[PDB]
Colleague: 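Below is the structure I would like to discuss, written out as structure tokens.
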Amino acid sequence: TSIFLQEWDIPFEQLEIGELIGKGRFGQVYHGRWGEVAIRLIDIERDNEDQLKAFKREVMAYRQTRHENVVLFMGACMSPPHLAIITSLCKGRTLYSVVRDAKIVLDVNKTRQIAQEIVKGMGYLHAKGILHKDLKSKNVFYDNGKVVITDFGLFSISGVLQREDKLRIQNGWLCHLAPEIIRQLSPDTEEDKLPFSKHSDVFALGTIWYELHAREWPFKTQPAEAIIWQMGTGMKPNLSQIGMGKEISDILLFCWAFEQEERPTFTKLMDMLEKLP
Amino acid sequence: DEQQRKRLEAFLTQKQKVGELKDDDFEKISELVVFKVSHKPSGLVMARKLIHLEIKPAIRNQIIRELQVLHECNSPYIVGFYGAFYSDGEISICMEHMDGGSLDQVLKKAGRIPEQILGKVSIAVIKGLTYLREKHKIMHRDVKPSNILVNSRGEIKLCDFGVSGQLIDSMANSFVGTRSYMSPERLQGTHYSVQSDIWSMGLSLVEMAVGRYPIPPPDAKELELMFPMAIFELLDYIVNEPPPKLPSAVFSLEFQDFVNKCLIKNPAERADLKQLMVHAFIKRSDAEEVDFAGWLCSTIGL
Ligand SMILES: Nc1ncnc2c1ncn2[C@@H]1O[C@H](COP(=O)(O)OP(=O)(O)NP(=O)(O)O)[C@@H](O)[C@H]1O
Ligand SMILES: Nc1ncnc2c1ncn2[C@@H]1O[C@H](COP(=O)(O)OP(=O)(O)NP(=O)(O)O)[C@@H](O)[C@H]1O
Ligand SMILES: O=C(NOC[C@H](O)CO)c1ccc(F)c(F)c1Nc1ccc(I)cc1F
Ligand SMILES: [Mg+2]
Ligand SMILES: [Mg+2]
């Protein structure tokens, strides 16, 4: 019914909580001291206690993870109604902030390398049997060539959808969802029961690949309802309007494939990215 | 109308009774997120809508400049505007308080809205959209019953139209539900104009006439009694299936043809504002004596 912090392999003596790092839909993220650390405080309503113990096993699954491209899960303590997820602190800035910085060059070579790093980390998480379910630029950190993935698996326990008969969509969420998921969205759909898969994570990386070169999300102009219908019927943009070659556009065509089985695995995707000019 | 000019000018005699607006001027009266508020530097009772944005000052300055043009637009068919200020992470839009509310909650109060009232509603909505396009080169972009307001004076006015392009982008999250009034061409991502607003009006009119959101259409049993669907299923139904239509028994031919011309899928074939202006339905409705204020106060309770 509870998880303690002495259960963890990281030797834990004291934990200092500092300033808030930023606003977020899921919990609060504070600075911490252990070395510096990142603390995410979550609250549980003391209901769906079977979904609660499933959260415990998903956390114990995080324990067996260690990879250079994956944020270091360091601990998690649970004293209901309060939960806390403690991960290593990422220096630098999020890929979302880097891609939207005019003072930073993103040539084709660096974008190929950044993509390959995310693929390596996502391949590790898939090999360990872990779905990210919320891969995006705000959950990737880049510090002068160091690329780390963040916030994998939180979406299952998240509750970011919570009006009457009206589902909340934030701007960048829809364009990362594969068509099989987009067709499922409903005003009373919940994150725990959405058909996520390894193919859906590959679709989300395809969105990041578009974002790396266009320096903006796809469907930037259009409202949410138009995005839902267009992505559901399988309409997708390309990168030729900015003058990108076929090699860089084939990446999208494979990752954004309408049928799940046509999307490559991350190992195959790593092969494809190695062969770019 | 001569009368409409008077109340418009009387609205501008209330315009300078305040100069600037900030938070401490207002006391929360009630909830209608929009709030009925009592202003104290001036005796006006106002409607204050607050939009939550966490964003840097420079773009908000751009937002306020774009919102100040509402001081310029004035019409008996669009609701009046007092001012727009920023305070504590929410930007405020101050407008007239209309004691009748929106058409969606008065339809919730009544059973169904009769044809004669909907005729006057059509005339005012058409002239309101015509005013915005011809005088200010803006389209509404969000026509639906929840943003058409009424009052005990008997005037009906449009609100919540897209005047600021940056405010559309600055909103962090949208709320997508089971009722959609978006035109088929907008859902498919093609070029659109006020023709989309005309579709939205037509779909709003049939919903208010029958008392139910008309997509998907009701079966035979539900149509007699009157007298679980995913979001993508509804949107694809709007795009691919034939548009909704009024029952042929209870409504006049002029009204049925009016909404049919508004709900043509091809926006080039859909009637424009001028064609509507001369459609036999609103020529007939314009020359009719209906006490709109009496229908409102008697059925709602004011
Ligand atoms: N490991 C980390 N190191 C440093 N900052 C972090 C870390 N994880 C999250 N943050 C920051 O904490 C804030 C909140 O994060 P988070 O709750 O994940 O929201 P987000 O992913 O950035 N956007 P969203 O999930 O759509 O609400 C953001 O400013 C993040 O950049
Ligand atoms: N100016 C107003 N005068 C009187 N009632 C109003 C006014 N503006 C809004 N309302 C009422 O308050 C409600 C809030 O409207 P609004 O904030 O636009 O949300 P909504 O119309 O319900 N749906 P949406 O506009 O898509 O968020 C409306 O449905 C009306 O019932
Ligand atoms: O209320 C608005 N709703 O738009 C919703 C978005 O289109 C979709 O989320 C809106 C949008 C743009 C803008 F510039 C405004 F001033 C708006 N509000 C608004 C406009 C005119 C009056 I008189 C009173 C008002 F309160
Ligand atoms: Mg996150
Ligand atoms: Mg509104």
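Chains are named by letter, beginning with A, in the same order as the sequence lines. The residues of chain A that appear here are 652-685, 687-814, 818-932 by the PDB entry count, in order. Residues 43-74, 81-275, 307-381, in that order, are what chain B shows, numbered as in the PDB entry. How was it done? The header gives X-ray crystallography, 3.2 Å. Only heavy atoms go into these numbers, but all of them, side chains included; no hydrogens, no water, no symmetry mates. Counting starts at 1 for both ligands and their atoms, in listed order.
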Colleague: If you look at ligand 3, which of MK-6240, PD-0325901, FG-2216 would you identify there?
Modeller: PD-0325901
Colleague: What does the PDB entry call the chain that holds PD-0325901 with the greatest number of close contacts?
Modeller: Dual specificity mitogen-activated protein kinase kinase 1
Colleague: What chains, other than any belonging to the drug, come within less than 4.0 Å of PD-0325901, counting only non-hydrogen atoms?
Modeller: B
Colleague: In the PDB record, what organism appears as the source of chain B?
Modeller: Oryctolagus cuniculus
Colleague: Of the UniProt active-site residues in chain B, which one sits nearest PD-0325901, and what is the shortest non-hydrogen distance (1 Å precision)?
Modeller: B/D190, 4 Å
Colleague: In chain B, which UniProt domain contains the majority of residues contacting PD-0325901?
Modeller: Protein kinase
Colleague: Show which residues surround PD-0325901 within 4.0 Å on heavy-atom distance.
Modeller: B/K97, B/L115, B/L118, B/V127, B/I141, B/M143, B/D208, B/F209, B/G210, B/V211, B/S212, B/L215, B/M219
